[PDB]
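Structural view - prednisolone in its complex with Glucocorticoid Receptor.
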Amino acid sequence: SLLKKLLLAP
Amino acid sequence: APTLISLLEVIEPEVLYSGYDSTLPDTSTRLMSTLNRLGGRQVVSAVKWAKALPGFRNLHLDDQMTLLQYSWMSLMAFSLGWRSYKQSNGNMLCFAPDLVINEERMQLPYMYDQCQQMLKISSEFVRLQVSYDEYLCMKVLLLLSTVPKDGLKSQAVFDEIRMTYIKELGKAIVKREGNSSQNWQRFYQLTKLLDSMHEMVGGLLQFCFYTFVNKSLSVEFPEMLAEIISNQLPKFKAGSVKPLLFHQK
Ligand SMILES: C[C@]12C=CC(=O)C=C1CC[C@@H]1[C@@H]2[C@@H](O)C[C@@]2(C)[C@H]1CC[C@]2(O)C(=O)CO
C-alpha cells in the first residue's frame, strides 16, 4: 500500500 | 520553551504548484484530472505533515491509516478555503499559485456546483476572520474528527491526542484576543464551524466518489488517491463511519 509505505518511510 | 502552536506553524507544508497547461482549451474532464493530480500530491504532503504532527505517531499504524483515509477531503477542502481566504478574501478558488478558478471557469460542465461548495468553506473563514493559529489547530482537529463507528485500535491514545488539540485551539483563541471578553463565544463559533465541515464537504466527497467509480466520465486519479478512495468509499457508503461532533446535531 502506497499510504502504508509513506507512513513507514523516513 | 517551545509551544505546541509554534510547532504547528513550523511543520505546515509549503503550498504546491499545479503545473497546469494553459495551452489546451479548458474542458471539465481535463480540469478535474488536473485537480486530482494536484490533490494526490497535496495528500502526500499531508501524510508527511501528519508524521511530523506531535502525538500522531503514538497511534497504532492502522489508526494512522484510518484517520488519513477518512479525513483527507476535509483536510484538502479546509486548506483550499484558507488559501482562497488569504489570497483572494474568498472571491476565487486558489487551488495553487498557478491554478486559480474564477467565476468564468466555473461554467464548465460539473464545475459550478462543486466550486460554490468550496467557496462556502472559504466564506466561513471571511465571516469569522479566522487567525492562522486558529486555522492550524482546527486543521489538526479535522484529521481527528472522522472515525469508525466500532472504534480505533488505540482508542485511549487517540482520545488523549484529540483532547490535547482541543485545548490547543483554546490557546489559539486566547492568543488571538486582547483579553477574554469573548473566549467562550469564539470557541463556540469555531467548534460550530468544525461540526459544519462534515456537511460542507459531504457533497465534494460524493462527487469525488461518483467520478471515481463512473469510468464513463474519463476523469483520472493518481495512484495514491485511487488507493485511498477505494478503501474509504465502501466504509462511507455503508454508514460505518461517524463524525465526532462538539454540539448536538
Ligand atoms: C483535493 C482537491 C485538490 C486540490 C486542492 O487544492 C483541494 C481539493 C478539494 C476538492 C477536491 C480537489 C480534487 O481532488 C478534485 C475533486 C476530488 C475535488 C472535489 C470534487 C472533485 O473535483 C472531483 O471529484 C474530480 O474528480
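Labels below follow one simple rule: chain letters A, B, ... track the order of the sequence lines, proteins then strands, and each chain is numbered from 1. Per deposition record, X-ray crystallography, 1.6 Å. These numbers come from the heavy atoms of this one structure, side chains and all, not from hydrogens, waters or symmetry mates. As the structure lists them, so they are numbered: ligands from 1, and atoms in each ligand from 1.
The location of prednisolone, copies and all, is ligand 1. Those other chains that come under 4.0 Å from prednisolone, heavy atoms only, are B. Residues of other chains with a heavy atom under 4.0 Å from prednisolone: B/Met32, B/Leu35, B/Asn36, B/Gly39, B/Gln42, B/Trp72, B/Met73, B/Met76, B/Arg83, B/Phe95, B/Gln114, B/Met118, B/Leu204, B/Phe207, B/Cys208, B/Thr211, B/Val219, B/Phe221.
Taking atom 20 (C) of prednisolone as the reference point, the nearest protein heavy-atom neighbour is B/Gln114 NE2, 3.2 Å.
Summary of contacts: the protein heavy atom closest to atom 5 (C) of prednisolone is B/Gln42 OE1, 3.1 Å.
Atoms of prednisolone lying under 4.0 Å from any heavy atom of B/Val219, numbered from 1 in the order shown and given with element: 26 (O).
The nearest heavy-atom contact from the protein to atom 8 (C) of prednisolone is B/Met76 CB, 3.7 Å.
Between B/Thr211 and prednisolone, a contact under 3.5 Å exists for at least one N or O pair.
The nearest heavy-atom contact from the protein to atom 16 (C) of prednisolone is B/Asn36 OD1, 3.8 Å.
Annotation: atom 24 (O) of prednisolone to nearest protein heavy atom, B/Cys208 CA, 3.0 Å.
Heavy-atom contacts of B/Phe221 reach the following atoms of prednisolone: 26 (O) (cutoff under 4.0 Å). In summary, the atoms of prednisolone found under 4.0 Å from a heavy atom of B/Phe207, numbered by their order in the structure, are 20 (C), 23 (C), 24 (O). Close approach of prednisolone to B/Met32 (heavy-atom distance below 4.0 Å) involves ligand atoms 25 (C). Counting protein heavy atoms only, atom 6 (O) of prednisolone is closest to B/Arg83 NH2, 2.7 Å. Shortest contact from atom 11 (C) of prednisolone to any protein heavy atom: B/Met73 SD, 3.9 Å.
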